[PDB]
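Presented below is an entry in which one can find zopolrestat.
Sequential numbering from 1 along the given sequence is applied to the chain's residues. Per the header of the entry, the method used was X-ray crystallography, 1.5 Å. Values below: every heavy atom of this structure, side chains too, minus hydrogens, waters and symmetry copies. Counting starts at 1 for both ligands and their atoms, following the listed order.
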Amino acid sequence: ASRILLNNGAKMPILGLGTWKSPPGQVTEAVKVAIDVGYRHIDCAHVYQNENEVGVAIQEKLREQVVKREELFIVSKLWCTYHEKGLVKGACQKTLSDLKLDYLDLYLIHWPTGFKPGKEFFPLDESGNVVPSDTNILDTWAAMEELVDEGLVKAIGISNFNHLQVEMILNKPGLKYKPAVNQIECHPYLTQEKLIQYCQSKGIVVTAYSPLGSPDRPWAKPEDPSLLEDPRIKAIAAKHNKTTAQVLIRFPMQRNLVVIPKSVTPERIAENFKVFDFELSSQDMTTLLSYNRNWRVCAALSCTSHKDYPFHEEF
Ligand SMILES: NC(=O)c1ccc[n+]([C@@H]2O[C@H](COP(=O)([O-])OP(=O)(O)OC[C@H]3O[C@@H](n4cnc5c(N)ncnc54)[C@H](OP(=O)(O)O)[C@@H]3O)[C@@H](O)[C@H]2O)c1
Ligand SMILES: O=C(O)Cc1nn(Cc2nc3cc(C(F)(F)F)ccc3s2)c(=O)c2ccccc12
């Protein structure tokens with residue numbers, strides 16, 4: 001089954017295309033090839049600095065009538081420097097204009113931490129600590145709710161929120177809309193069993209990012225563990241006559257997660273989609289879960305003293 005029901009009553013494709021690090025001169029073609037071979041969900045963000053080029057591809061496939069807008073599920077995220085009440089609508093509208101959309105299907109608070117507003121995405125003090133904004137998760141959440149009530153977004157959600165931060169929103173005085181999704185890092189080295197059961201128990205769908213362990217992350221070190229080169233995972237792939245990436249994509253699908261592998265390589269974009277025709281066993285699933293080592297692609301050092309940094313807390 002290709003889609004999962006959200007608590008806003010809409011259906012979300014469980015496979016989407018990631019766009020973080022997709023070069024602006026390549027992502028248009030990447031998104032066009034992806035829609036041609038079946039993707040109907042694209043994961044975007046203003047901080048990725050490529051939403052205009054993503055939008056060009058979306059607009060072209062709509063114009064070509066390859067797909068209808070109702071058949072696409074387009075996600076974007078509010079960056080940290082825009083948590084302030086007065087900046088949220090403009091931020092969303094800039095994303096909308098760049099993506100050539102009149103609404104988003106899902107708009108996420110990208111990280112629970114607000115940063116000082118301005119031109120800089122990572123405003124720093126002279127010792128390299130991020131400069132916080134005094135804004136809190138709950139006021140930001142009300143501003144997201146306003147977007148729903150203005151018709152600019154169909155669903156709102158969060159990303160990189162821990163257990164206690166999710167609970168903070170679920171317990172918000174006057175909460176009007178629950179988060180639909182919590183998009184978090186998740187792969188066999190960061191299996192997230194506690195956070196996932198909590199969110200799922202509450203009707204919040206979980207999206208897994210960096211499902212392949214983000215081999216193109218700009219801060220990679222050779223001594224880091226490598227999912228795609230892990231012989232243990234490679235063995236499971238071989239047994240199923242699939243590639244290691246295919247196994248790494250099907251794994252979160254079977255945990256009732258949405259997953260958003262990034263590629264700009266047309267052959268891989270198609271390979272990554274061919275994951276609805278094979279099943280990992282229970283034993284495979286528990287074996288992959290056993291590889292957890294709480295290793296994170298995404299946890300910027302410059303942010304670890306922010307009041308709302310999410311990853312001190314166990315989950
Ligand atoms: N919410 C957030 O904070 C957050 C954080 C991180 C990521 N995300 C989202 O999650 C998406 C996916 O995460 P990610 O970009 O970090 O990494 P990823 O999807 O885990 O890995 C992307 C890397 O894998 C390569 N790759 C793709 N398919 C492959 C295949 N079949 N075989 C071998 N290599 C393959 C890509 O190469 P090519 O592109 O050269 O093919 C690229 O180097 C992002 O792009 C973004 O949309 C969200
Ligand atoms: O953001 C993505 O989508 C990918 C992403 N991840 N990271 C690692 C990060 N670690 C963080 C930690 C916090 C924190 F909440 F923990 F304070 C807040 C914000 C971040 S960004 C980056 O540094 C980054 C830089 C440019 C574009 C995308 C990203």
Drug placement: zopolrestat = ligand 2
message = I'm curious which macromolecule has the most heavy-atom contacts with zopolrestat - what does UniProt call it?
response = Aldo-keto reductase family 1 member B1
query = Which residues and nucleotides contact zopolrestat at a heavy-atom distance below 4.0 Å?
reply = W20, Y48, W79, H110, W111, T113, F115, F122, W219, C298, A299, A300, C303, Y309, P310
query = Going by distances under 4.0 Å, which other ligands and ions neighbour zopolrestat?
reply = ligand 1 (NADP nicotinamide-adenine-dinucleotide phosphate)
inquiry  = Quick test: of every protein heavy atom, which one is nearest to atom 10 (N) of zopolrestat, and how far off is it to 0.1 Å?
reply    = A300 N, 3.0 Å
Atom 2 (C) of zopolrestat [closest protein heavy-atom partner, distance rounded to 0.1 Å] = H110 NE2, 3.3 Å
query = Using a heavy-atom cut-off of 4.0 Å, which residues UniProt lists as binding substrate in chain A are that close to zopolrestat?
reply = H110
ask   = Taking UniProt's active-site residues in chain A, which lies closest to zopolrestat and at what least non-hydrogen distance (to 1 Å)?
value = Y48, 3 Å
ask   = Got an N/O contact under 3.5 Å between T113 and zopolrestat?
value = no
request  = Name the closest protein heavy atom to atom 5 (C) of zopolrestat, giving the residue it belongs to and the distance to 0.1 Å.
outcome  = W20 CZ2, 3.7 Å
query = Does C298 reach zopolrestat with a nitrogen or oxygen that is under 3.5 Å from one of the ligand's nitrogen or oxygen atoms?
reply = no
query = If you measure every N/O of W111 against every N/O of zopolrestat, is any gap under 3.5 Å?
reply = yes
ask   = Who's the nearest protein heavy-atom neighbour of atom 22 (C) of zopolrestat, and how far?
value = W219 CH2, 3.7 Å
key: UniProt NADP(+) binders in chain A under 4.0 Å from zopolrestat, heavy atoms   = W219
request  = Name the closest protein heavy atom to atom 23 (O) of zopolrestat, giving the residue it belongs to and the distance to 0.1 Å.
outcome  = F122 CZ, 3.6 Å
